[PDB]
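Lactotransferrin in complex with acetylsalicylic acid.
All residue numbers refer to positions in the sequence shown, counting from 1. Side chains are part of it too, since the values below use all heavy atoms of this structure and drop only hydrogens, waters and symmetry mates. Note that ligands are numbered from 1 as they come in the structure, with each ligand's atoms numbered from 1 the same way.
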Amino acid sequence: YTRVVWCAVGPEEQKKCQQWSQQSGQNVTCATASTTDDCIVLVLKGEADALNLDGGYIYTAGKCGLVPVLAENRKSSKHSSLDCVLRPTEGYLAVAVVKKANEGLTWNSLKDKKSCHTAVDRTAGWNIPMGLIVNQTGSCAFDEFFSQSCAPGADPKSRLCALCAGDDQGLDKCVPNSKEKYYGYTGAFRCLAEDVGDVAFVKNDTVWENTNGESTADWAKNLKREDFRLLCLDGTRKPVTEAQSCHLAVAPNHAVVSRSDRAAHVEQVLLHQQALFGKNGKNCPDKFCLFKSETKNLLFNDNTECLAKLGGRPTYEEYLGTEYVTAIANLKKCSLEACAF
Ligand SMILES: *[C@@H]1O[C@H](CO)[C@@H](O[C@@H]2O[C@H](CO)[C@@H](O[C@H]3O[C@H](CO)[C@@H](O[C@@H]4O[C@H](CO)[C@@H](O[C@@H]5O[C@H](CO)[C@@H](O[C@H]6O[C@H](CO)[C@@H](O)[C@H](O)[C@@H]6O)[C@H](O)[C@@H]5O)[C@H](O)[C@@H]4O)[C@H](O)[C@@H]3O)[C@H](O)[C@H]2NC(C)=O)[C@H](O)[C@H]1NC(C)=O
Ligand SMILES: *[C@@H]1O[C@H](CO)[C@@H](O[C@H]2O[C@H](CO)[C@@H](O[C@H]3O[C@H](CO[C@H]4O[C@H](CO)[C@@H](O)[C@H](O)[C@@H]4O)[C@@H](O[C@@H]4O[C@H](CO)[C@@H](O)[C@H](O)[C@@H]4O)[C@H](O)[C@@H]3O)[C@H](O)[C@H]2NC(C)=O)[C@H](O)[C@H]1NC(C)=O
Ligand SMILES: *[C@@H]1O[C@H](CO)[C@@H](O[C@@H]2O[C@H](CO)[C@@H](O)[C@H](O)[C@H]2NC(C)=O)[C@H](O)[C@H]1NC(C)=O
Ligand SMILES: CC(=O)Oc1ccccc1C(=O)O
Ligand SMILES: [Fe+3]
Ligand SMILES: [Zn+2]
Ligand SMILES: [Zn+2]
């Protein structure tokens, strides 16, 4: 009657999608691809309907016709009387994080160090820090800036993948999906935590959700926030409590996208699904919780409170904002209307 095919990236997302499919009585069904870009293509072909995307991918999807439908909303102190689904989004803070013990490392001495990125093309892990680095160095050779990195989605034989570890068997090194040990917000933070890299380009929230006992993961259980510092654009180092005055930029929240012609439909189904498996849902945590995967951020971020309606009914450019869009455009000149497929 009103059924939606979700696109999952990699085997772990596929498994979560299947459980959701099952519990939804197949109001939702699953398609799987190895990368986010491949999922976008399935959506364009009409073989999948939707998936939730980081803003860097929304820019890609947007140029090819896809539109934002609902956005991730997390916990807030302000707008509190308003229901989550109607509450305006706030965005997240992109930060650069280092170990306190790595003394004297600042924004201005990052050259030739080792970096941990969520994935190529993502907002906090790539577009913001590389855009800044390209601007302040006046060169498009962002591949020669760090000595070694893990940036999932880059050429596996390049320096940008040297620090990537692949899966439990060493396969799939540097793939941009959760099979890669250092992929995503959690993987990049882990890459820093294990001292594989000197700096991780993540979001403020990641630091908090993976320290001081907030995560039981064996690599994270003994991590304390005091052992980390944020790098500020002014060359200072600050504690992680100061992200409001020490971030690289404010990113637009991850959002669900779909083909324009399927948007109304996707929106209707998802609003019903979250009533069922969302934060206060009929069936979470009883049977299935859509916004939980045990700090793995599968399909949606684990800190998501709800998916919220947009309003003003954005175009992708308005959703991302003119500040962010010009940032991406300029970075992309190193590698304006065309379809990347
Ligand atoms: C970086 O990322 C991290 C991780 O995402 C961010 O940290 C997180 O922030 C949230 C809150 O923003 C944490 O949430 C929770 O903690 C709350 C505090 O214990 C819990 O209780 C409150 O929840 C309610 C929200 O609905 C709110 O309740 C009210 O607060 C009023 C004041 O704001 C209060 O009024 C009294 O307040 C004062 C008392 O001393 C007096 O001055 C006043 O006169 C008055 O008496 C009301 O009575 C009422 O209680 C309130 O906003 C609290 O948040 C809540 O249940 C929940 O558990 C979240 O845990 C936390 N994550 C982690 C891992 O720590 C961080 O903010 C980010 N940083 C940046 C810069 O963005
Ligand atoms: C790397 O460097 C790149 C080169 O600088 C950089 O590219 C871009 O950098 C600028 C930031 O986007 C951009 O400048 C524009 O400035 C104006 C911003 O004005 C509006 O916003 C302000 C918000 O802070 C408000 O205070 C003002 O009220 C104002 O509204 C542009 O907007 C105009 O706004 C007013 C209307 O109020 C009006 O006069 C205009 O009609 C228009 O609406 C203005 O047009 C500039 O575009 C700059 O153009 C752009 N540079 C290039 C070459 O594209 C990139 O951001 C850097 N990368 C990173 C990651 O930092
Ligand atoms: C599968 O989707 C359908 C459509 O939303 C759901 O069936 C609806 O049940 C509600 C609850 O009263 C009614 O308002 C609708 O009229 C029903 N739709 C029709 C006309 O078939 C069903 O709840 C969904 N199942 C799950 C588990 O998500
Ligand atoms: C509010 C929405 O339409 O757009 C924005 C929000 C912040 C900054 C810029 C924009 C915009 O449209 O450019
Ligand atoms: Fe992101
Ligand atoms: Zn700021
Ligand atoms: Zn508009």
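- Put simply, copies of acetylsalicylic acid show up as ligand 4.
- For the pair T322 and acetylsalicylic acid, the shortest N or O to N or O distance falls below 3.5 Å.
- In the deposit, the organism given as the source of chain A is Bos taurus.
- The protein non-hydrogen atom at the shortest distance from atom 2 (C) of acetylsalicylic acid is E318 O, 3.2 Å.
- Among UniProt domains of chain A, the one with most residues near acetylsalicylic acid is Transferrin-like 2.
- Checking only distances, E323 never comes within under 3.5 Å of acetylsalicylic acid, N or O to N or O.
- If you check which protein heavy atom lies closest to atom 8 (C) of acetylsalicylic acid, you get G321 CA, 4.2 Å.
- Site of acetylsalicylic acid with heavy atoms closer than 4.0 Å: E318, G321, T322.
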What are the distances between nitrogen or oxygen atoms of acetylsalicylic acid and protein nitrogen or oxygen atoms, counting only those under 3.5 Å?
residue              : atom   : partner : partner atom : Å
acetylsalicylic acid : 4 (O)  : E318    : O            : 3.1
acetylsalicylic acid : 13 (O) : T322    : N            : 2.7
acetylsalicylic acid : 13 (O) : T322    : OG1          : 2.8

